[PDB]
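One structure below.
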Amino acid sequence: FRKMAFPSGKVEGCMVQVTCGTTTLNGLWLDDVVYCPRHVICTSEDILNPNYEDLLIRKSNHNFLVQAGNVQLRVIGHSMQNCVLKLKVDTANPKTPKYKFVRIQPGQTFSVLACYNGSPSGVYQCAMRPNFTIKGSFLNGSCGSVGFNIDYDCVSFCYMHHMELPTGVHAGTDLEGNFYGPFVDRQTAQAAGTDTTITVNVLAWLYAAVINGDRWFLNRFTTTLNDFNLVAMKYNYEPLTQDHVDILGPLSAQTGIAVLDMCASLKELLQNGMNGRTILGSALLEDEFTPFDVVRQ
Amino acid sequence: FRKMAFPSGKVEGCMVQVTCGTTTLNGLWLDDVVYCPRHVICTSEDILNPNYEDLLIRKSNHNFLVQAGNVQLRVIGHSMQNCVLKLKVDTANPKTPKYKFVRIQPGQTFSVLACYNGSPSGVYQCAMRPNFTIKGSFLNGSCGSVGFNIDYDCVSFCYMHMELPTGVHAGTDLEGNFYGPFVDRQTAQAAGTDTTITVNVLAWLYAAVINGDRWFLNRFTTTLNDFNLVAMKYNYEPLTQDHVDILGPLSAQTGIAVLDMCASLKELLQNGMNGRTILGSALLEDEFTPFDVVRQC
Ligand SMILES: *[C@@](O)(CO)[C@H](C[C@@H]1CCNC1=O)NC(=O)[C@H](CC(C)C)NC(=O)c1cc2c(OC)cccc2[nH]1
Ligand SMILES: *[C@@](O)(CO)[C@H](C[C@@H]1CCNC1=O)NC(=O)[C@H](CC(C)C)NC(=O)c1cc2c(OC)cccc2[nH]1
């Protein structure tokens with residue numbers, strides 16, 4: 001059982017480089033539109049406090065250099081949607097997949113294709129944290145890298161990368177340009193809200209361990225849903241809802257372990273610690289596998 | 001630090017399915033050759049003690065069903081190289097990347113594109129253990145999935161996918177030679193006892209130093225032989241000359257001589273971590289290569 005990303009080929013064919021003046025970043029080329037973070041129009045001075053509509057009206061189509069591989073695409077129009085710039089080009093991307101733009105919910109996972117200078121570099125799985133950060137791996141020039149899920153050849157784009165917080169976690173927007181979380185595309189040191197642990201995912205991951213032959217953390221006890229949630233909130237875990245209980249059904253039926261039985265196991269792990277033992281190779285409780293992630297794998 | 005896979009698109013375009021009788025697995029289509037595990041030719045009555053040479057004589061080109069999706073590729077020749085079958089087909093794959101076949105050493109990392117019926121399912125990083133197993137995530141039908149590294153758009157294929165009774169996985173290089181002492185028969189096989197990948201732990205310590213976490217740097221050095229003798233008493237792999245040289249770039253970057261870092265690790269092995277952490281963790285990580293570290297740092 002490993003963190004597994006979706007195959008990235010359908011997205012790789014869409015990554016381009018966008019350059020405005022001295023600033024370059026990545027763009028997403030779908031049909032005849034290139035989507036990229038709007039701060040590509042800011043100079044190192046503008047970015048401390050950018051008035052984006054005022055800066056964008058002063059730019060011309062020819063101010064934007066878009067490169068796909070080596071070939072330059074001609075920008076024939078541009079509009080802004082929240083924090084995302086939409087550059088219209090005279091060439092349709094012939095490798096555009098079936099796609100949708102979606103805004104994901106906290107606790108849901110997606111694959112990130114990290115890119116630099118329009119070139120894909122790496123792929124890995126992230127979860128949208130409850131405080132709307134993600135724990136990714138992004139360096140200078142990664143802005144405009146995207147996150148996505150794939151379901152039967154349809155790519156659902158959910159994330160476009162914008163910033164790294166002082167704590168080293170990351171923040172970005174959906175493909176409509178609205179940030180996840182309270183962040184703003186200005187060059188400032190921003191803190192997130194206090195993060196919490198994705199309870200339903202920890203439970204799904206304990207089920208994954210049982211499906212894979214590890215049972216050491218199980219116990220004879222049970223708990224009520226409310227009593228579990230009282231302990232969970234005390235340990236900065238998210239509440240577990242009845243919808244979460246229902247979503248864990250298949251894993252429960254597959255293993256024959258009642259959800260609230262597994263909740264009692266997690267309660268014990270939380271109150272007694274792991275005592276130096278490991279689960280699926282981890283010395284920490286893992287919360288970035290969803291129940292679907294476990295089933296799909 | 002994230003386990004990051006290479007973008008998989010260049011390999012996705014090479015995946016096909018190969019069927020013999022009722023047995024379907026995955027194959028790798030490069031130029032006009034499809035490479036796949038030779039046990040596709042076995043029936044349930046052959047796999048226990050297969051005589052591959054006599055089984056292959058009874059096969060003809062028209063016994064092999066090779067499909068890119070649902071499109072059949074006509075087989076025009078067949079041969080066996082060690083544990084791989086090579087089916088010559090009448091169409092050169094237009095998506096063939098620049099590629100090489102490489103045999104990796106223990107400790108090296110690579111991306112696995114897990115595939116089923118020729119259709120890529122997910123991608124993730126693996127490390128070759130010193131006992132020549134990988135901790136993969138493979139189900140029924142995964143055989144023929146490949147592992148690879150990508151350097152300047154050249155794909156170096158290193159792995160073609162058995163699951164041991166312990167749940168780890170074994171396979172061959174693309175010339176059909178198993179990593180480790182395994183054979184392609186339907187038989188419960190055991191790997192040698194594993195060891196910790198020393199060169200990768202040292203890479204991890206360099207990564208910590210790069211990031212300002214350097215409490216473990218001491219005032220000692222060691223000879224390579226003295227370190228290797230200690231390492232073996234703690235179930236750590238001995239270092240080779242090649243290991244010393246691939247640590248060269250990180251040693252230059254930090255100014256910490258390789259043998260000085262060996263002396264720091266030796267102290268950690270003999271005394272333990274004393275409840276202290278390195279890069280946030282009480283456990284030393286051995287699945288990041290020196291290349292992986294320079295890439296994320
Ligand atoms: C982009 O790629 C910009 O094109 C860049 C991506 C990060 C660089 C290092 N790792 C990354 O993920 N994003 C930024 O540089 C953004 C730009 C904003 C959205 C206009 N800024 C930050 O991520 C940022 C600014 C500051 C800061 O200021 C002062 C202080 C502390 C942290 C910090 N992060
Ligand atoms: C390929 O899909 C087969 O074409 C399959 C992959 C494994 C299935 C479960 N996870 C995998 O990685 N491979 C096999 O089933 C191979 C086939 C051989 C090479 C002919 N066999 C095994 O992996 C195998 C057989 C036995 C066994 O016997 C008896 C006893 C214990 C373990 C075991 N593994």
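Order of the sequence lines sets the chain letters (A, B, ...), proteins ahead of strands, with each chain counted from 1. Side chains are part of it too, since the values below use all heavy atoms of this structure and drop only hydrogens, waters and symmetry mates. Counting convention: from 1, in listed order, for ligands and their atoms alike. Per the header of the entry, the method used was X-ray crystallography, 2.2 Å.
In this structure, the drug found at ligand 1 is PF-00835231 (bound form). In the deposited model, the macromolecule with the most close contacts to PF-00835231 (bound form, ligand 1) is named by the PDB entry as 3C-like proteinase nsp5. With a cut-off of 4.0 Å on heavy atoms, the other chains touching PF-00835231 (bound form, ligand 1) are A. Scanning A/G172, A/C143, A/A191, A/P166 for the heavy atom closest to atom 1 (C) of PF-00835231 (bound form, ligand 1) points to A/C143.
The model tethers PF-00835231 (bound form, ligand 1) through a covalent bond to A/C143 SG. Between A/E164 and PF-00835231 (bound form, ligand 1), at least one N/O pair is under 3.5 Å apart. On a heavy-atom basis, rounded to 1 Å, the UniProt active-site residue of chain A that sits closest to PF-00835231 (bound form, ligand 1) is A/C143, 2 Å. Most of what chain A uses to contact PF-00835231 (bound form, ligand 1) comes from UniProt domain Peptidase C30.
For A/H39, every heavy-atom contact with PF-00835231 (bound form, ligand 1) shorter than 4.0 Å involves the side chain, none the backbone.
Residue A/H161 has at least one N or O atom closer than 3.5 Å to an N or O atom of PF-00835231 (bound form, ligand 1). Counting heavy atoms closer than 4.0 Å to PF-00835231 (bound form, ligand 1), residue A/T23 contributes nothing at all.
Near A/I47, the atoms of PF-00835231 (bound form, ligand 1) lying under 4.0 angstrom from a non-hydrogen atom of the residue are 20 (C). Counting heavy atoms under 4.0 Å, the binding site of PF-00835231 (bound form, ligand 1) comprises A/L25, A/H39, A/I47, A/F138, A/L139, A/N140, A/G141, A/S142, A/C143, A/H161, A/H162, A/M163, A/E164, A/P166, A/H170, A/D185, A/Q187, A/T188, A/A189.
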